[PDB]
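Pictured: Oxidized purine nucleoside triphosphate hydrolase, co-complexed with stanozolol.
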Amino acid sequence: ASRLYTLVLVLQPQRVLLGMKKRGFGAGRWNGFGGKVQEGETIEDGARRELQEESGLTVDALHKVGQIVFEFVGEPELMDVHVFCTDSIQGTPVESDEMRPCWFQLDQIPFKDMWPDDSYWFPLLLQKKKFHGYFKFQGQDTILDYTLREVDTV
Ligand SMILES: C[C@]12Cc3c[nH]nc3C[C@@H]1CC[C@@H]1[C@@H]2CC[C@@]2(C)[C@H]1CC[C@]2(C)O
């Protein structure tokens, strides 16, 4: 009862690209670029596709940095999110109907307007750590329970 997703962070030496979700689910929060993995696609190829489709960037190399399971109490399906990083991109971000991209300096990451779990694992991603996490939510705002650990192998 777990569904595969990817989440990709475009991370350069002193800045990160985030996209504000403009409409629909999770609207009003900044996030990386993510989506469902397709039948017949590897997780990595899904991550590349989601990044390119949502941001307009071309990614040349991607690195897996974490895996986070999300549970919403009462909802049967878990989200098994595979998190990736890249700093080897081409092109410029494209604003769309769905997504407004902005670059952020690392000291100005907008955690108050992100999913609350990000406050826990983003610092690990920024420090080039790898991790395994689990977050149990009640609705979209409240973390009931979590675990997070650093790993050498995702
Ligand atoms: C993985 C997300 C995004 C996120 C960033 N930091 N933390 C999170 C957790 C959050 C958990 C819910 C996910 C949501 C992604 C969009 C999902 C899968 C949504 C469920 C349905 C939808 C819109 O497809």
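Throughout, chain A uses the PDB entry numbering, with the displayed residues spanning 3-156 in order. Counting starts at 1 for both ligands and their atoms, following the listed order. Side chains included, hydrogens not; waters and symmetry mates left out as well; all remaining heavy atoms used.
Taking only nitrogen or oxygen atoms, main chain and side chain alike, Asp119 reaches within less than 3.5 Å of stanozolol (ligand 1).
Ranking protein heavy atoms by distance to atom 6 (N) of stanozolol (ligand 1), first place goes to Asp120 OD1, 2.7 Å. In chain A, UniProt O(6)-methyl-dGMP-binding residues less than 4.0 Å from stanozolol (ligand 1) by heavy-atom distance: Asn33, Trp117, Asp119, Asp120. Stanozolol (ligand 1) places these atoms under 4.0 Å from at least one heavy atom of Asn33: 3 (C), 5 (C).
Taking UniProt's list of 8-oxo-ATP-binding residues in chain A, a heavy atom lies under 4.0 Å from stanozolol (ligand 1) for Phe27, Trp117, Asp119, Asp120. Using 4.0 Å as the threshold, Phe74 has a heavy atom nearer than that to some atom of stanozolol (ligand 1).
Most of what chain A uses to contact stanozolol (ligand 1) comes from UniProt domain Nudix hydrolase. Which of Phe27, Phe72, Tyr7 comes nearest to atom 14 (C) of stanozolol (ligand 1) through a heavy atom is settled by distance: it is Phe27. Of all protein heavy atoms, the one lying nearest to atom 1 (C) of stanozolol (ligand 1) is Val83 CG2, 3.9 Å. The protein reaches atom 12 (C) of stanozolol (ligand 1) closely, with a heavy atom under 4.0 angstrom from it. With respect to atom 2 (C) of stanozolol (ligand 1), the closest heavy atom belonging to the protein is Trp117 CE2, 4.5 Å.
Under 4.0 Å from stanozolol (ligand 1), not a single heavy atom of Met116 appears.
When distances from atom 4 (C) of stanozolol (ligand 1) to the protein are checked, a heavy atom turns up under 4.0 Å. Using a 4.0 Å heavy-atom cut-off, the binding site of stanozolol (ligand 1) is formed by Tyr7, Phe27, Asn33, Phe72, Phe74, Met81, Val83, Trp117, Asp119, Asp120.
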At less than 3.5 Å, what protein N or O atoms come close to the N or O atoms of stanozolol (ligand 1)? Include the distances to 0.1 Å.
| residue | atom | partner | partner atom | Å |
| --- | --- | --- | --- | --- |
| stanozolol (ligand 1) | 6 (N) | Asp119 | OD2 | 3.3 |
| stanozolol (ligand 1) | 6 (N) | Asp120 | OD1 | 2.7 |
| stanozolol (ligand 1) | 7 (N) | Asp119 | OD1 | 3.1 |
| stanozolol (ligand 1) | 7 (N) | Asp119 | OD2 | 2.7 |
| stanozolol (ligand 1) | 7 (N) | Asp120 | OD1 | 3.3 |

